[PDB]
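Drug nimesulide bound to macromolecule Lactotransferrin.
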Amino acid sequence: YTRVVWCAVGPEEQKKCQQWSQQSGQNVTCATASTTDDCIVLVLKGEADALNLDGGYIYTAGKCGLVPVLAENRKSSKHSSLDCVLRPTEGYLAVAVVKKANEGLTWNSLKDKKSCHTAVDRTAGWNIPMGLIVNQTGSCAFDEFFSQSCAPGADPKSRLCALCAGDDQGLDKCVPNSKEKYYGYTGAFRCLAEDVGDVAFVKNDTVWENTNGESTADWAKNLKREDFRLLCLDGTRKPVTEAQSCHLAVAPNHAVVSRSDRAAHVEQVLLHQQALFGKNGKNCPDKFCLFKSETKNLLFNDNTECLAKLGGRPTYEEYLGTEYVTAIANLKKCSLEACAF
Ligand SMILES: *[C@@H]1O[C@H](CO)[C@@H](O[C@@H]2O[C@H](CO)[C@@H](O[C@@H]3O[C@H](CO)[C@@H](O)[C@H](O)[C@@H]3O)[C@H](O)[C@H]2NC(C)=O)[C@H](O)[C@H]1NC(C)=O
Ligand SMILES: *[C@@H]1O[C@H](CO)[C@@H](O[C@@H]2O[C@H](CO)[C@@H](O[C@H]3O[C@H](CO)[C@@H](O)[C@H](O)[C@@H]3O)[C@H](O)[C@H]2NC(C)=O)[C@H](O)[C@H]1NC(C)=O
Ligand SMILES: *[C@@H]1O[C@H](CO)[C@@H](O[C@@H]2O[C@H](CO)[C@@H](O)[C@H](O)[C@H]2NC(C)=O)[C@H](O)[C@H]1NC(C)=O
Ligand SMILES: CS(=O)(=O)Nc1ccc([N+](=O)[O-])cc1Oc1ccccc1
Ligand SMILES: [Fe+3]
Ligand SMILES: [Zn+2]
Ligand SMILES: [Zn+2]
């Protein structure tokens, strides 16, 4: 039992983290970086212990020796009697969404359109969609497929950032952190919702969580589920109720990572931390809820029921799965063995 230093990405995550530190009796304390990549580095240097990551980053960090410790787990149906922490992870659905009013727009007519990506290097926002697109066009010029986009992490003065709005002052345009208006699952969807982009690459849950009154956010309060459509790969368009049969791929859940030599300790702390601030924790909603940040998915996705033990003591390659790891590899060829830092 020593303190665990969590790594927060951006001003908003550091704010939520300090609260968490406050309530934990400093059993958990924070470190901050303007980028996920930066936070990965802090964890290598040993200046930070852990952070929750998207599959795409789990792959970057894995190459540098970091290891998955616990994964996020949401509501399910299968394995009913099984507890949340012991229940296997179901993965999530990567989808392409568009406005229903935008008739005629299909998977086959995306070229030269305007896109909304969660952030460069992420599973549903970048890797899956651009990987399919490169494949399909047999070209690495994915920087010229769309006319304009908002893909946080790309060159600020390039097309891939043309649609990004930066923060409330216009500062930090395209930064890969919640300070970018159109960053992440929620940002990318708002990007489509305000008709800045023609399509948004997010996960199916994002569409449900921000429509039909589920989100009290000004931009989403009058958003209606029937006004959106999913682009399937067979060229069709289906209601967002057919996600199970109209997705680009199923992605591995976001997971908490740490250096291998710190994984056991980080694991210990977090199980006890969610026992206090988890879904039905002792001090939630009473004092602090670890999985609530208000439709902003800070540190953890707001739809996380609990952090689950992995089991099978998976290497980062086995956690992400073999089909996904190859997808990432082939895409990386465009822009084999070596830590990127
Ligand atoms: C797409 O995402 C949406 C939401 O992220 C998912 O839909 C949801 O379906 C689940 C389970 O089928 C519902 O969760 C339920 O909780 C209730 C508690 O009252 C419980 O009775 C059930 O056992 C269930 O776990 C949930 O209400 C519903 N979400 C919303 C916001 O309507 C869906 O799983 C995803 N679909 C695909 C194909 O990925
Ligand atoms: C884009 O097209 C890519 C090439 O066709 C494709 O990459 C391939 O990924 C699959 C599955 O991960 C691999 O195919 C393999 O077939 C069976 C089933 O997975 C394996 O047991 C075999 O060993 C074999 O590897 C390919 O290895 C891989 N292609 C290359 C060049 O290595 C991507 O999956 C496609 N991208 C998307 C998003 O679908
Ligand atoms: C801070 O961490 C410590 C270690 O988990 C917690 O103190 C423990 O309290 C439990 C409850 O009975 C005991 O089982 C342990 O023996 C205690 N640890 C020791 C030996 O110091 C404490 O609960 C944590 N505080 C918060 C708010 O998270
Ligand atoms: C068993 S593992 O280490 O968790 N990797 C893995 C996980 C999931 C899937 N899949 O297709 O859903 C596929 C996976 O790997 C392979 C895919 C195609 C052929 C052989 C292995
Ligand atoms: Fe993701
Ligand atoms: Zn599928
Ligand atoms: Zn194994």
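Numbers in chain A track the PDB entry; the residues on display, in order, are 342-676, 681-686. When the header is checked for method, it gives X-ray crystallography, 2.7 Å. When reading the values below, keep in mind they use all heavy atoms of this one structure, side chains included, and skip hydrogens, waters and symmetry mates. First listed ligand is number 1; within each ligand, the first listed atom is number 1.
Within the model, the positions assigned to nimesulide, copies included, correspond to ligand 4. Applying a cut-off of 4.0 Å to heavy atoms, one finds the binding site of nimesulide to be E659, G662, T663, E664.
Looking at chain A, most residues touching nimesulide fall inside the UniProt domain Transferrin-like 2.
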